[PDB]
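Along the sequence shown, residues carry numbers from 1. Header says: electron microscopy, 4.0 Å. These values consider heavy atoms only, across backbone and side chains, with no hydrogens, waters or symmetry-generated copies. Remember, it's 1-based here, ligands and their atoms both numbered in the order they're listed.
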Amino acid sequence: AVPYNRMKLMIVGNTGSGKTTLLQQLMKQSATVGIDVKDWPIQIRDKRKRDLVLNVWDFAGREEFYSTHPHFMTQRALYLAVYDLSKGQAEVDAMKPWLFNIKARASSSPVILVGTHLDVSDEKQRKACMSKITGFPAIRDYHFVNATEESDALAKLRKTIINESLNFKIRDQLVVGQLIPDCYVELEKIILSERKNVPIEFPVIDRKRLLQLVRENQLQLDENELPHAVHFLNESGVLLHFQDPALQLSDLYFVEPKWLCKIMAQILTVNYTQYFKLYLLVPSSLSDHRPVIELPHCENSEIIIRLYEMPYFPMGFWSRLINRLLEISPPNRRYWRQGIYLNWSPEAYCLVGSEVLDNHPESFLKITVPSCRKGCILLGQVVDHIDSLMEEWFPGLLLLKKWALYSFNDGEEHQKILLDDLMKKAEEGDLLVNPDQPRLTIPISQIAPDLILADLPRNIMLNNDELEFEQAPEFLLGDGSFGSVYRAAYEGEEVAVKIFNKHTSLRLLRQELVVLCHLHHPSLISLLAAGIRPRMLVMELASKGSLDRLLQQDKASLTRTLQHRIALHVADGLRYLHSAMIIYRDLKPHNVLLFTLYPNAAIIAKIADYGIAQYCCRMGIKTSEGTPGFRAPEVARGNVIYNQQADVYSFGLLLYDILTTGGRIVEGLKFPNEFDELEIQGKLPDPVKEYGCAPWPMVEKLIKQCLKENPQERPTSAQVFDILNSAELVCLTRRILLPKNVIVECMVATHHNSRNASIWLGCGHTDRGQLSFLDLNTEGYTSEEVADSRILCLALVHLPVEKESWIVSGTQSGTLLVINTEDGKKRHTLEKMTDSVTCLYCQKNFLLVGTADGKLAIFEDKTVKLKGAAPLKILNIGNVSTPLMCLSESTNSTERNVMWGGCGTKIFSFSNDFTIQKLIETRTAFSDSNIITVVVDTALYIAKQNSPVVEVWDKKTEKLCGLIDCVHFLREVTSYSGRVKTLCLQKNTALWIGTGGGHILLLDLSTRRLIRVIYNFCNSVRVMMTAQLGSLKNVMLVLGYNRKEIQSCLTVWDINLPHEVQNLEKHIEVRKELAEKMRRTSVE
Ligand SMILES: Nc1nc2c(ncn2[C@@H]2O[C@H](COP(=O)(O)OP(=O)(O)O)[C@@H](O)[C@H]2O)c(=O)[nH]1
Ligand SMILES: CNc1nc(Nc2cn(C(C)(C)C#N)nc2C)ncc1C(F)(F)F
C-alpha cells in the first residue's frame, strides 16, 4: 500500500519552438530525432510529499514524427505545450491542430501551456488570441517565460501535479498517491534490474521468462492476475506491453521504451522489426510538395468533384488513408505524402489529396473523377473507403461536413451545396433545379452518384412497377435492428424485400450494398435489386426458413449429415468473405438461412443480413459490435483492436449450438447474463455430458481448437474449412480411451443386443490372462484376470436352444475356457486340446477352434452345458510347423458349407462332410511366412504377416490373378511399416485393409482403384471386425495402438465410408464450378 508517485509529463512541443531547451534549463541539441525519454525526480517543500518522479517524454515536431507519434500519447499523463512568441499568434494557429490532437487522443489529461523566448516576446500581439482560444482541451494555465535564463515562475509542474491527486484522478482514484501493494513494486524493481542483461540492440523478452523469474523470485504473481499487473505497469510508463491482437505482439514483451521510440531514424536512414505497424510502410520518406501533375479533363463540367471539410487533420490520418487506398484490385501511381493519384487511363483516375487554398484556416480533402461511368464507380468506391476509415479509427471527426461542387452553367466557377440537404433534394425527386433559370437543370447522376445508387452495375436496378407487396404486417420475418424483411413477389418469384426503418443513414444501406453487390458465391445470399425511393433491398427468399426455428422446432429433420452441411457451407461463405478483406462479426444461429432439407443437395446454407460487415485490412478494426453471447472474446473489452480471427470464434459458437441441437440458445433465451457469462471464455461445458446428444469426436477436437483465448492459436478460415472437407470427420460415431499399461489383441462383440454393445477385450499383457468387459453407452472398464496364460482368441455363440449365450475363450497354454454371458460365475472349462489355441469362429452351429499344432478342433453347439468334452473328432490337417490361425466364414450366397480357411502356409476348405474338398499350397519371396485371414467375396484375398503385398487366389481356377501392393499405394503419403496386420471385408462395396503403420486403407473392389487413405490418428491397427450397435447395423471397430506409453484407443467407424468419400467429393466438385461461374460474372 505504498504511494507510488510516477506519471508521464510528455512535453509535446511543435518543432523549432524550443521544446527541449526549456526542460534543459528546467532540470539542470540540434534536432531531437523521435521521442527522447529522460528521467526527472521531485522533492517538494513539504517533505511528507513523497518523491514525484516523472518520466518526461520530449517529443519532436518534424512531420514524419508527427505521423509516427500518436500511439504513445496514453492516459495518466500531465501534458504541456510550447510555442514561440516572436512569430506571435501564427505559432498559436500552428499549435491549434496539435491541441485538437491532444483533446482527441487523451481526454482525462490536463494540458498546461507555456510560451518561450521572453527576450523577443511581443505578448501584446498574441495575448488577445491566446485569451480567445479557450474541441480544445481544458487549458489550465499560461506562463509565457524565457528559455535559457529561468527567472520566471518555474517548477510549477510540481505544484500542479502533487496537488492534482484528486484534481487529476483516473476515475476518482489516486494517481500520485496510489497505495499500490508490494507485489507491483517488486515486479517493477526486478524488471528495472533485468533491463541490463537483455541485449541492447533489440531488447525483448518472452512471457515464459517473466513467469520463470517471478517464480524464481517468489513474486507471488498469480497467472490470473499477472496480465492486469503488467497492464498497470505498462500504463505507468516503464514498459510497453502491446497486447493488441491485430499486431500479434501478445507474446513478445518489451523492457526498454527508450528503444522502441528511436527506431524511426534507423528505418528512414536510407529481423523477425518487419512488423512496423506504426506494401511498404515508411511514410517518413514521402515528399511533401504539390507534384507536377495536371488533369487530362480540365474544365468545369466534364469532371465530378467531391469535398470534405475537416477541422484538424488527425495525427496519423494520411498514413492510414494511403495504406488503405493502396488496394489496387477493384495503375501508374504517383503518391506523395498526402495526395495519391491513382491513374489508369485518360478515362478513369481518382486524384485524392488535400487543398488549403480556401482563403480560410480550414483543411479541405477533395476527390476528382472524370464524369463518365467508370469514374462514378471509382468515386463511389473511394467515398465508401474513406468513410469506413474515418468511422473506425478516428470517430472524433463524426464536426465533419460534406460538400458537393456542382455547376449550373458550364465554363464558370462552381457553387457549393452540402449533402445533408442534397439527400432530401434527391430523395424527393430527381433533376435538381436551377433557381435562377428553371430551364437549366443538371442530373444527380453526374454531381454525386453516391446518393442515387448509380455506382452499382446496371443489372441490379429496381423495377418498382412489378413489386406488388403490401406493407401489411401479416407478411413478417426477422427484424435485424435496422429493417424488417417481409415476403414479396418480384416480376413473378418469391423475394424477401427488406424495407429499411423510418430514418436510417444511407451509410448503412451502402455498408450492406458494398458487400452484397461485389462478391458473389453459392454460399452468400445474392441481391436481385436495390432501389432508393423507399430505400429498400430485395433478396432471394430462402424457402426453408432461418436456422434458429429449425433447431427449436424441427429436431427430427436434423440428421448427422445435415449438421455437417450447415457447418460446411457456412465455412465456405466465411472463407470467401475473409479472402476479400471483409469481416462479418455477426455469425449467430439466427443468421444462417436454409434452402433445402434433403441431405445431398448442393446449396443448403446462405448467410444473410450483412448489417455490420466492415472492411478489414491487415491493420484491423477498433470498434466493438455484435450481439451478447455470440461475440468474440476480445470484442467485449472494446479497447483492444482485432482482425479477421474474431470471427472464427463466432463459428465455434455456432458449431457448439449445432452440436447441442439447440440447448444452449434455448436455455439462455431466459437470462442474457447466462449467455454473457462465457462472453470471454471459461464457462462452456463438454457437450455429451448434459444435453444428451450423441458423440462426434472429430468435431469436439476442433470445437476446442477454435475456441481459445490467444488470437493466434485459433485456425485461419482456410484451415478451418480444410478440416471439414474430409469424410474422415462425418463418419465416426465414438472414440473411447483405455487405461495406461494395458494392450489389446483380441476382441468379440455381442450382436444379441443385451445392452446393444457389451464389447469384451481379451488381453495377455501380464503372464495371467485378463478378460475386460467394456460397455459402450456407459464406458465401464470392469476388467477381470481369470486366465493363467495369454488370451489369443475369443468367440461368441448365442445358442438358440433354450435361448442361451455363452462366450468362449482360448489360452496360449492350450485351454478351452467358457463363461456364461448372463451368469457371471460359470467357469465350465472344457477338454484342453493337445496344443495351444490359435483361433476360433462360429443350421449347423459348431465352434471351429484352431490350434497351433495344425489340427482342426471342432465342438458341438449343444455341448456348451457340459463340463469337459471333446464332442467331435479332431482333424489333424497339418504338421507341428503349420500354425492353424486363419479361420473365416463364407459370404457368397451365405453358403456356410463352403467355409474357407487355410492351414499354415497353405489354403484348404471343407463342408459339413468335413472332408478337404480342395487344398492349394501358397508356395508361390515373402513365402517364408504364415497366413492370417482369408475372405471370400468373389475370390480369396489372403493376407500374411510382415507383407507389403496381399495375394488374390480364386476359388474356381485356383491360380493367382493380381498382387495388390500396399506400400506401393502408400508410396505417396509422406523403411516403412506397410505390413497388413488385419484384413476385413465389407458386404458388397470394398476392402478394408488395416496396416500396422497406423493407416486404414479403404481399397476398392473394381480392379485396384484406391478411394482414399486414413492416417494421422493412430500408430497401428491390431484387430478389426464388424459388429452391430444400438439395434442398428453398420459399424466397423478398429483397435489403434499408441507406440513409450501404450494407449489402445477403440474407435467406431460407420461402414458407409466409401460412398461418403465419393458423394462428398462429387458435391464439393459440383459447387466449385458454380463458385467460379457466378464469380466470373462480377469481373465481366
Ligand atoms: N536564439 C535562441 N535560440 C534558442 C532559444 N531556445 C532554444 N533555442 C535553439 O533551439 C534549438 C532547440 O530546438 P529543438 O527544441 O530541439 O527543436 P525540436 O527537436 O523540433 O523540438 C537549440 O539548438 C537552440 O539553439 C532562445 O531562447 N533563443
Ligand atoms: C433473414 N431473412 C430472410 N429469411 C428468409 N427465409 C425465411 C422463410 N421463412 C418462412 C418460415 C416464413 C417461410 N417460408 N422464415 C424465414 C426466416 N429468406 C430470406 C431472408 C432475407 F432476405 F431477409 F435474407
Which of DNL201, combretastatin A4, S-warfarin, ACHN-975, LY2811376 is the drug or drug candidate present at ligand 2? DNL201
Looking at contacts alone, what is the main macromolecule next to DNL201 (ligand 2), by its name in the PDB entry? non-specific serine/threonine protein kinase
